[PDB]
Structure formats: structure tokens, C-alpha cells
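Sequence positions, counted from 1, serve as the residue numbers for this chain. How was it done? The header gives X-ray crystallography, 2.9 Å. Indexing begins at 1, ligand by ligand and atom by atom, following the structure's order. Below, each value reflects all heavy atoms present in this structure, side chains not excepted, and no hydrogens, waters or symmetry copies.
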Amino acid sequence: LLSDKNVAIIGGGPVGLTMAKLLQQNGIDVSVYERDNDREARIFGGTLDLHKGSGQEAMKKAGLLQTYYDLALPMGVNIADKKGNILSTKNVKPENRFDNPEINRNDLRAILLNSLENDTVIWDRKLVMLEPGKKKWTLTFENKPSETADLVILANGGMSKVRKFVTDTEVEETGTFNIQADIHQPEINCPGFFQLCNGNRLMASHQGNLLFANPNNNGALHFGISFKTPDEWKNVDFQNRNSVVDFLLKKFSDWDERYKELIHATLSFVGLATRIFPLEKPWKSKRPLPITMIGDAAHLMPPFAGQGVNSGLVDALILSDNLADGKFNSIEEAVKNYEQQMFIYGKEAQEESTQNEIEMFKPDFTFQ
Ligand SMILES: Cc1cc2nc3c(=O)[nH]c(=O)nc-3n(C[C@H](O)[C@H](O)[C@H](O)COP(=O)(O)OP(=O)(O)OC[C@H]3O[C@@H](n4cnc5c(N)ncnc54)[C@H](O)[C@@H]3O)c2cc1C
Ligand SMILES: C[NH+](C)c1cc(NC(=O)CNC(C)(C)C)c(O)c2c1C[C@H]1C[C@H]3[C@H]([NH+](C)C)C(O)=C(C(N)=O)C(=O)[C@@]3(O)C(O)=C1C2=O
């Protein structure tokens, strides 16, 4: 049941892009309105791990899991100390190398983009407004023609602004803060640090600061530093490089000389506060027209527990099915049901993520 109409996915993330396929597979008419300028736009951020059981189910259900195993690269993980000592190393074992192999965010999108029918994604669409008209929604896009649709699936990330028709819940900051960079030609530009990783992820922890790194994101080193947000911040300048460098050289003064090599080797740092979009209040029972929310727009959550795209790919799988079912009658109950299941696990995940982030920053911890 439920055909003859069309869908509008605002946001071509990993999650929305997946969602376009699972609908377009079962013959539903979808469009993905994405704000990026063109497909070849560089995606900042590290590597996704799709878990067997959640993320991977979604890639399976679309016929892409082998394509995901093809492009993803399984990684082992070291754990180091401020002095550079390897304390542990779980390398990849031949059977469970298919557990969560790291795939690059652009690689993933290229896979999802091939799966979709041509012109499924209309690019240069920054959705600014939603008016719920007659039998459908009017969607307005900055300096581009408006369009209309029966169902609007919100996939536009943790800081989506058009949530109000679903919930008046708003994102909160978490209390921790994350700095991130890329380093190109890591082998020569951060030679000491690249070696300490030995082709493996690298996770350190000292006195409330946390460093993470991936030595191989298509030949780029991506590292990330996390800390309880300095109290002095409320309501540095990440545009000014050696201003972020000095902050970091203070915070990381006691660490080995090799990590400092990383910091003075990165050109541009990007600042991010950790945020949560809590599943506290049940979303509105009263909704003018059919609308729902998957991905980081549904449950933005701290990036410290492997959740985020997996919850998002799952809630893609779940919702997508509820629509393609003749096992449903009313779309209002077809999404009410997707929203039932996600409140369960998102909360489960948010609890984990919020929990893990309490765990670190608290005096020297062991890792997972
Ligand atoms: C430091 C860090 C590390 C993380 N690590 C992991 C990890 O290791 N594993 C994991 O599973 N998750 C991780 N996450 C979380 C993860 O990136 C998200 O859960 C994931 O990106 C999925 O969200 P979307 O794809 O659901 O949202 P997004 O990735 O945020 O994609 C949103 C899309 O919609 C577009 N868009 C945004 N606004 C608009 C608009 N107004 N109109 C139209 N389009 C719009 C965007 O441009 C983009 O294409 C991490 C996050 C951070 C900050
Ligand atoms: C507890 N912390 C340490 C943690 C835990 C898990 N796993 C679990 O919580 C599940 N617990 C089990 C193991 C099932 C018992 C985790 O799965 C993770 C993480 C940490 C993040 C670190 C991220 C990092 N960024 C933020 C700087 C990074 O460099 C990368 C990367 N590949 O480049 C990440 O992808 C990162 O986001 C990431 O994946 C983390 C975890 O996967």
C-alpha cells in the first residue's frame, strides 16, 4: 500500500541518501534536496563504521554491503599514553575484519549515489522553509524554485532548523568540545605521529584531554582532540591557526614531543561543541501533514560510542519498511510506528554516548 504520491528528503547525508534508495527500490517517488553545491563537494569528518546488525543491514537491504565491504578498510586500534607508549593493540583478525571496516565519507556517498536513479538528488537546495498547504507541503529553497510533496523526510543533520512541525525540542550543547583536522601526506608531514599509529587507529587519554586519530583516511591523517569545554567560554578563534596551535600546545604541554608535532603540522583546525538532540519529549501527536525525522536530525548525539550513522541507517531501514508495507493503512500510523521503535534505541544509544563521555575526562580510563 501507499503509492501514487511523492516523498521529499531534505538532506543527502549517509542517512538520507540511504533512505532515497530503500524507497526508490520499493517504487516510491523520492527526491533528495541537498544543500551541497555539487556531488564532488569535499566532506569533512572521518570514517564511518557500519556495524554488522545495524548499519550493515541497511547496506544489505539496498544491495550495497559488498560494495561497502569493497571500499571500506578494516582497522586495528592502538591505545597510547601522553608519553607515546603503546599500552595495547587489537589488530584486525581475518574473520571479524568484516565487523566494522572504516569507510571514507565521500566513498560512502559515491556508493549511495550510484545506487540511486539518475537525478534523484537535486543539488544546490538549501531548504529554508516549510509551509503545510492543501494536500501537501510547500518547500522553499534559498534562490531556487519551491517544490511540493506529500511526505517530507527530514535528514538534514543534527542542526536542522525546520524541526518545529515535529517537535519544539531543541539541541543542547553537551559540555565537551571537539577539535579536528586533516593532515595530508601524513607519512612526511607528521612523520613521528604517523609511525606511532603503525597503520592503526590511535586513542590516547591524559588528564581530561582525549586524542584520537586515523592514519589512513584515503591517504589523509584525520585526528580529533576532545576535552571538557573550557569554563571560560560562553554564549580562541579557529580561523586563526597559531592561536588554536598555542591553546593546544598548552593543553598538550606535558605530552610527548611526537603529538606536538601533529598540532604544529596541521594547517586548519575546525571547532565543534558536542551536542545532543534529546529524545526527552515524545514528538508532536498533532501534525498538520505527513512529516518525520531520521538521522542526526532525529537523535543528534555525542560522537563517542560508534552511533550516529548506524542509528540513522537503522531508522532508515525501519521507517522505509513501514511505508512499503501493505501491512499498514494510514501513513500517520506508518511513521508513528517508526517513531515508536527509534525512541527505544536512540535513547539507548544516547544513553550510551552520554555515558561514555562521562567516563573519559574522568581520571585515566581504559577504552572500548
Ligand atoms: C567528531 C565526530 C565523529 C563522529 N564519528 C562517528 C563515527 O565514528 N561513527 C558513526 O557511525 N558516526 C559518527 N559521527 C556522527 C555522524 O557523522 C552522523 O551521525 C552522520 O553523519 C549521519 O547524519 P546524516 O548523514 O544523518 O546527517 P549529516 O552527515 O549531518 O548529513 C546531512 C546532509 O544534509 C545536508 N543539509 C544540511 N542542512 C541542509 C538544509 N538546510 N537543506 C538541505 N540539505 C541540508 C548536509 O549538507 C548533508 O548533506 C561523528 C560525529 C562527529 C562530530
Ligand atoms: C568509548 N569511546 C572511546 C568509543 C567507544 C566506542 N564503542 C562503544 O561505545 C561500544 N561499546 C562496546 C565495545 C560495544 C562494549 C566507539 O565505537 C568509538 C569511541 C570513540 C570515537 C572516537 C572518534 C574519533 N574522533 C571523534 C576524533 C576518530 O578519530 C574517528 C576516526 N575513525 O577517525 C572516529 O570514527 C570516532 O568518531 C569513533 O569511531 C569513535 C568510536 O568508533
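Notes: drug at ligand 2 recorded as tigecycline. Lab note: main contact partner of tigecycline (name per UniProt) = Flavin-dependent monooxygenase. In chain A, tigecycline lies within 4.0 Å of these UniProt FAD-binding residues, judged by heavy atoms: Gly306. With a cut-off of 4.0 Å around tigecycline, the other ligands and ions picked up are ligand 1 (flavin-adenine dinucleotide). The overlap between the UniProt NADPH-binding residues of chain A and the residues with a heavy atom under 4.0 Å from tigecycline is empty. At 4.0 Å, heavy atom to atom, the residues around tigecycline are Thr47, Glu102, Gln180, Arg201, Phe212, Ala213, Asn214, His222, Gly224, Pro303, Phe304, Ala305, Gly306, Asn356, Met360, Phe367, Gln368.
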